[PDB]
Amino acid sequence: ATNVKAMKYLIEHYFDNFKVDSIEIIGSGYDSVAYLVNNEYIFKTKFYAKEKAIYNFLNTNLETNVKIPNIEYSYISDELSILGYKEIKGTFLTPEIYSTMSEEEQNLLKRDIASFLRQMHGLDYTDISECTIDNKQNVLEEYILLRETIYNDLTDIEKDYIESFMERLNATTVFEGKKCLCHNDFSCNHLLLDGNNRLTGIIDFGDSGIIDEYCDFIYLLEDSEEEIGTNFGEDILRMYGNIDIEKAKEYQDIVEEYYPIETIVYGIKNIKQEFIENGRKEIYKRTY
Ligand SMILES: Nc1nc2c(ncn2[C@@H]2O[C@H](COP(=O)(O)OP(=O)(O)NP(=O)(O)O)[C@@H](O)[C@H]2O)c(=O)[nH]1
Ligand SMILES: NC[C@@H]1CC[C@@H](N)[C@@H](O[C@H]2[C@H](O)[C@@H](O[C@H]3O[C@H](CO)[C@@H](O)[C@H](N)[C@H]3O)[C@H](N)C[C@@H]2N)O1
Ligand SMILES: [Cl-]
Ligand SMILES: [Mg+2]
Ligand SMILES: [Mg+2]
């Protein structure tokens, strides 16, 4: 409990009347830690301005019964960011849980998801218009960073994987469609169910932005151990409606192809050799 103690100190220091009676680590990424405090509050911390701006925009503008974080505590500085909000109660959706649900239960969950996405994507985003993300341009810039750093030391197999991806990226039309506000990390580990297996809450709008509409289906369409599966995403797309399903799948496939490169780039930017090695190894796994 050393981490817990430092974070208890920081919370009490920056939020003057707040008393920490209990505190435990509830999740962690590679450069963030999330804490459950007093069995009631979530504090996300990092060594978060946009994320806060997004919860504020959404809590003003969304009409939905699905719960999202409502920021009550914030401290934001160059060196440290903390966001605190009341824990949304529920069970996180998993493949295992989904497989035990009746067909009707599954259908209601899919409809709840489609409905939420439709409402969010339909919001007039003028008041959040600073939060724009261009994925194609971001990729080009990450490629330039590769070229400026480690590209010349990569193997021919690694180089070909990258150049083949850039060729595909250049030819695709999937970045030319509707833009809207997306969650942009819409995976089942961010989806909470209530006791009837109905969608009750959504978390982690940390990557959210004005971006391609296709983006919020990337994980719903993913075939992996962590996600439900492609059929889940297809059905949600049909319920959501007025969207080109083949292009949504093309978008997901291109993003999936990019993953190893994204991993390499993260390692370069954050000076973490482990990630550079992991992404390069994953290129070999995918090639063979
Ligand atoms: N049940 C519950 N758990 C929460 C809540 N908020 C966060 N969590 C838990 O804490 C984990 C981390 O929260 P999350 O917003 O995803 O943060 P992160 O993804 O680790 N950090 P970042 O989004 O900055 O990279 C979640 O996966 C979940 O376990 C909440 O409202 N309810
Ligand atoms: N762990 C192995 C899986 C296999 C499939 C691959 N597509 C990826 O899939 C996960 C994907 O990475 C997850 O997003 C993480 O990563 C993103 C960037 O990479 C971050 O911006 C994001 N905020 C972070 O939480 C997603 N939430 C759930 C997906 N199952 O890894
Ligand atoms: Cl390496
Ligand atoms: Mg998360
Ligand atoms: Mg996140």
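Per the PDB entry, chain A residues shown: 183-229, 237-477, in order. All values below were derived from every heavy atom in this structure, side-chain atoms included, with hydrogens, water molecules and symmetry-related copies excluded. Whatever order the structure lists them in is the order used to number ligands and atoms, beginning at 1. Structure determined by X-ray crystallography, 2.6 Å.
- At ligand 2 one finds the drug dibekacin.
- The main partner of dibekacin in this structure, judged by heavy-atom pairs under 4.5 Å and named as in UniProt, is Bifunctional AAC/APH.
- For a threshold of 3.5 Å applied to N or O pairs, the pair formed by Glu445 and dibekacin contains at least one separation below that value.
- With hydrogens left out, the protein atom closest to atom 8 (C) of dibekacin is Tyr448 CE1, 3.7 Å, a heavy atom.
- Of the residues UniProt marks as active site in chain A, nearest to dibekacin with least heavy-atom distance to 1 Å is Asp374, 3 Å.
- Interface of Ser376 with dibekacin, defined as ligand atoms under 4.0 Å from a residue heavy atom, comprises 26 (C), 27 (N), 28 (C).
- Of the other ligands and ions shown, those with an atom under 4.0 Å from dibekacin are ligand 5 (magnesium ion).
- Closest heavy-atom approach to atom 11 (C) of dibekacin within the set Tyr212, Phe375, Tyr408, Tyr455: this belongs to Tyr408.
- In terms of polar-atom proximity, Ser413 is not counted as a contact of dibekacin, lacking any N or O under 3.5 Å from an N or O of the ligand.
- Among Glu446, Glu415, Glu416, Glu414, the residue whose heavy atom lies nearest to atom 3 (C) of dibekacin is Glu415.
- Scanning all protein heavy atoms for the shortest distance to atom 9 (O) of dibekacin gives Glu411 OE1, 3.7 Å.
- Around atom 24 (C) of dibekacin, the closest heavy atom drawn from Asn378, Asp374, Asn373 belongs to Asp374.
- In the vicinity of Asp396, heavy-atom distances shorter than 4.0 Å reach the dibekacin atoms 20 (C), 21 (O), 22 (C), 23 (N).
- Here the heavy atom of the protein found nearest to atom 18 (C) of dibekacin is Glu451 OE1, 3.5 Å.
- Near dibekacin, within 4.0 Å on a heavy-atom basis, the structure shows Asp374, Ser376, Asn378, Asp396, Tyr408, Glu411, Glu415, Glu416, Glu445, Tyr448, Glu451.
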